[PDB]
**Q** 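Right, I'll just put the structure down here and ask away after.
Throughout, numbering of the chain's residues begins at 1 and tracks the sequence. Numbering of ligands and ligand atoms starts at 1, following listing order. Atom set for the values below is all heavy atoms of this structure, side chains included, hydrogens, waters and symmetry mates excluded.
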Amino acid sequence: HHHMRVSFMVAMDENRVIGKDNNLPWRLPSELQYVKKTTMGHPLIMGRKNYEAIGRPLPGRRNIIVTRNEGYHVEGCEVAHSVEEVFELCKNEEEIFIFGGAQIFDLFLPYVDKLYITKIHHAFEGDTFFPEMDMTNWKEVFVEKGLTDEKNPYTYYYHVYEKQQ
Ligand SMILES: NC(=O)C1=CN([C@@H]2O[C@H](COP(=O)(O)OP(=O)(O)OC[C@H]3O[C@@H](n4cnc5c(N)ncnc54)[C@H](OP(=O)(O)O)[C@@H]3O)[C@@H](O)[C@H]2O)C=CC1
Ligand SMILES: COc1cc(Cc2cnc(N)nc2N)cc(OC)c1OC
């Protein structure tokens, strides 16, 4: 139905960990620079817990917060309460980025077209995971080594996948 391309933005470890105590388990500013680069001028779709961990709006992108809380408001952000209400707010967007966390990944699971996933080669302690996925009809179309250095102390790779509709 939806006219906008539903994309997933995620970084996860060797065991699909994406979260530790409502926080990222690693510090990788270069990966965030890639995220900022890839997502510029596009909607970011965030579960309320994800947004509040980030703490403030992110520049040059539509910020959309998913919550059941009907009284919930945030400055320079937009609040949706259902997948459909998002599709409404995004009815004229070309591409949209589901940005997390896990509950919000689960929610949009059946709608994903494209998949921007950063794979990190390390086993972090974590409580929050990226959902298991049926990769039938999916094709890896891109992969490249991330920048490892003093400020980015881990080995990671940028993967992009596309569902053959
Ligand atoms: N490594 C990565 O790429 C990423 C990691 N993370 C990490 O993941 C963790 C957060 O994930 P998680 O705990 O799942 O939190 P979420 O970001 O998914 O927040 C879930 C919230 O969204 C709202 N919500 C959930 N389902 C619905 C629904 N069906 N309808 C309306 N609103 C709904 C609820 O908000 P409310 O209770 O207010 O109504 C719920 O508390 C953190 O550790 C974070 O740092 C997050 C993004 C990316
Ligand atoms: C850009 O800053 C943040 C980003 C994220 C989520 C995230 C991080 N990386 C990737 N590849 N995908 C994602 N969805 C989660 C955060 O929570 C701590 C952030 O705050 C610093």
**Q** Hey, what drug is sitting at ligand 2?
**A**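 You're looking at trimethoprim.
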**Q** Determine the main partner chain of trimethoprim by heavy-atom contacts under 4.5 Å and name it as in the PDB entry.
**A** Dihydrofolate reductase
**Q** Provide the binding site of trimethoprim at 4.0 Å, counting non-hydrogen atoms only.
**A**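 Using heavy atoms under 4.0 Å, it comprises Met9, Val10, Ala11, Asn23, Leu24, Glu31, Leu32, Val35, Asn50, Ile54, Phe99, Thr118.
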